[PDB]
Amino acid sequence: XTXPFXX
Amino acid sequence: XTXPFXX
Amino acid sequence: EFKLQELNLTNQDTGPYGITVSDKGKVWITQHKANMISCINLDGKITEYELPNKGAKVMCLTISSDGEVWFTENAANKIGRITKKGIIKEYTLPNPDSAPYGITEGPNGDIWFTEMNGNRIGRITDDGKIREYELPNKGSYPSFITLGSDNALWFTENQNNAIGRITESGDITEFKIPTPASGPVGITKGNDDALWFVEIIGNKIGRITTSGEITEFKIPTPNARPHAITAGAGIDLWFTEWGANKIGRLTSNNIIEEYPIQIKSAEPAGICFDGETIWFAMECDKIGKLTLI
Amino acid sequence: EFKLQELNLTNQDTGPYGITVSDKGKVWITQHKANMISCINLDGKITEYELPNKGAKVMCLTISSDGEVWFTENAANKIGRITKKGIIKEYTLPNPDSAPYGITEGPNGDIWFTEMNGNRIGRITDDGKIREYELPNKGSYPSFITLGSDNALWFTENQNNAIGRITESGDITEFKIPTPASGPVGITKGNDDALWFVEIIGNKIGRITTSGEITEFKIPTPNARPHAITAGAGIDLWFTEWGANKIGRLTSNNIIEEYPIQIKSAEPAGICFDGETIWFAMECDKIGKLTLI
Ligand SMILES: CCN(CC)CCS(=O)(=O)[C@@H]1CCN2C(=O)c3coc(n3)CC(=O)C[C@@H](O)/C=C(C)/C=C/CNC(=O)/C=C/[C@H](C)[C@H](C(C)C)OC(=O)[C@@H]12
Ligand SMILES: CCN(CC)CCS(=O)(=O)[C@@H]1CCN2C(=O)c3coc(n3)CC(=O)C[C@H](O)/C=C(C)/C=C/CNC(=O)/C=C/[C@@H](C)[C@H](C(C)C)OC(=O)[C@@H]12
Ligand SMILES: [Mg+2]
Ligand SMILES: [Mg+2]
Ligand SMILES: [Mg+2]
Ligand SMILES: [Mg+2]
């Protein structure tokens, strides 16, 4: 949920 | 790189 | 102690993600759903910068030395730029689908950025020439990028469990994080001149010196899932805890305090510091500020 | 035209930054890493002056009328002095850490200097009384300082985008540079009696008269990032181009010529002129001289 999966 | 940032 | 106030945005589409402040208290946010960049004036007024083409997925941004807002377009394979005159320039990358993400200024003024699918550090000049440097290892998934006290650029390698170092001549050097498959994300220069970073998986705040010495400090809340880290006053290091819905602070003696945001499921992302106020972006349509008093 | 010779130092630790010549061809350099001041004798031998305490960050220096080398200690909050008997005197500033930088001689012999964090022009006498004058604007970040034809001291205001003027009575006067946020650095008295200066961001050579009239000349190389400026022969004005790795020269008709160094990434800093040779310090462990052929 932090943009790139999973940042 | 000119001593104080950035002189 | 401190105090937590959340500013609600009027655009509700938008997805606030990367945040930065300027040579006044002007805060700039990237909004990856709205496909635009907004600025909140010192006292009140928002001004949005709608991108020409849709689906760019605006991620990280930074304010350059010559008064420009630089940003990456994760899905458009582009580097963006808002000039002092308010116009938007976009620069397409050499290779298709490089997926630019992190962005910061280099010691000479050049803008450096990371390419996740591209697996290479980037480099761009105002007049818009680009040169890249391939990483040694396959699928390092480079993310955030920061300028260290040794004037080399320091970057986290999400998949490769490392902190990377790149100097001006493209010489790349990697330091393997003791915590296996920790998946580092945020990296920033601390006021002690070491590079501080977060471990989304390991659940740790990481410190790496310019020499390469690594020390780790465990985040009290389990599964906190930290995203972005910024330096505050003195030795302070603030970080957004995306999974725990909290704001973490590494204070004196390397102790971690955690401040609950607790409007629920807010998704804290990018974070910075203007000198008095810790600013952080929450993907769920609001902007958080945190002052001591 | 001209010719470019770089002398390599034997101390490698060192970081040559500020340079000056004497009433012989004696060149003195500040070395901020070595924490010392060296002198290169007319033909051959260096003589180092090691500071008593470590971490002073020796920046600018100048040779006073009575045969003394005066210098600032950026990180030690001090003003230094080498007497003609070779002993080092150090003078602590009234306010903790004030961060002194630029330095030049006043019309009466007094030594004037700028305090960056301090935000005030300084003043020191041989017997070591100090008096300061607070700047009007918050965080002007004053840098270089030079003595103008009107016998007032002229200084650049890096943050405040201005050229400042201070007379003997502490009367301060400021002139806003047309180029927004240009970040001026080097200032010097030109042989036409106007004050000439560099814009590290604007990428321009600036000229201000004593009356206050400003004219600007664009540097041909983009992002040149100029640091220090000195007056040469006739109307010549030489300047170190830190970011472009070149030496710039404003000649006849206000034309800028640019001579490449071509030792890569050398970091040219301080610059001066002994009558025949343009001397300039390169932070990357060498000293550059440039003569007409
Ligand atoms: C064109 C881009 N510019 C200029 C416009 C910037 C590159 S640079 O100027 O920032 C740079 C950073 C530090 N470098 C040092 O020599 C240095 C950094 O810390 C120190 N020296 C301190 C020391 O005390 C010296 C000692 O430790 C020496 C070390 C660690 C030397 C390391 C090896 N240095 C190099 O090989 C230089 C490598 C690259 C080219 C660096 C940098 C650019 C990062 O060299 C420098 O120009 C400079
Ligand atoms: C830390 C995250 N966790 C775990 C702790 C929670 C689950 S989630 O947060 O990741 C979730 C996924 C997408 N959500 C959006 O808001 C979202 C997704 O697409 C969009 N918004 C885009 C839109 O704006 C429009 C879209 O067509 C429909 C929307 C936005 C509907 C929004 C209404 N959502 C809710 O009522 C609830 C939103 C939160 C509660 C949701 C949960 C209901 C799953 O989770 C979100 O935070 C997140
Ligand atoms: Mg999300
Ligand atoms: Mg330097
Ligand atoms: Mg720019
Ligand atoms: Mg004296």
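So that the names make sense, note that chain A is the first sequence line, chain B the second, and so on, each numbered from 1. Basis for what follows: all heavy atoms, side chains included, without hydrogens, waters or symmetry-related copies. Ligands are counted one by one from 1 in listed order, and the atoms in each one are counted from 1 as well.
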Participant: What does the PDB call the drug placed at ligand 1?
Facilitator: dalfopristin
Participant: Look up the drug at chains A and B and give its PDB name.
Facilitator: quinupristin
Participant: I keep wondering which chain grabs dalfopristin (ligand 1) the most here. What name does UniProt give it?
Facilitator: Virginiamycin B lyase
Participant: Name the other chains in heavy-atom contact with dalfopristin (ligand 1) below 4.0 Å.
Facilitator: C, D
Participant: Could you help me figure out which residues touch dalfopristin (ligand 1) at a heavy-atom cut-off of 4.0 Å?
Facilitator: C:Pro107, C:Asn108, C:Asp150, C:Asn151, C:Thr167, C:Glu168, D:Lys33, D:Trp242, D:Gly243, D:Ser265, D:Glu267
Participant: Please indicate which organism the PDB names for chain D.
Facilitator: Staphylococcus aureus
Participant: Which residues overlap between UniProt's Mg(2+)-binding set for chain D and those with a heavy atom under 4.0 Å from dalfopristin (ligand 1)?
Facilitator: D:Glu267
Participant: What label does the deposit attach to chain B?
Facilitator: Quinupristin
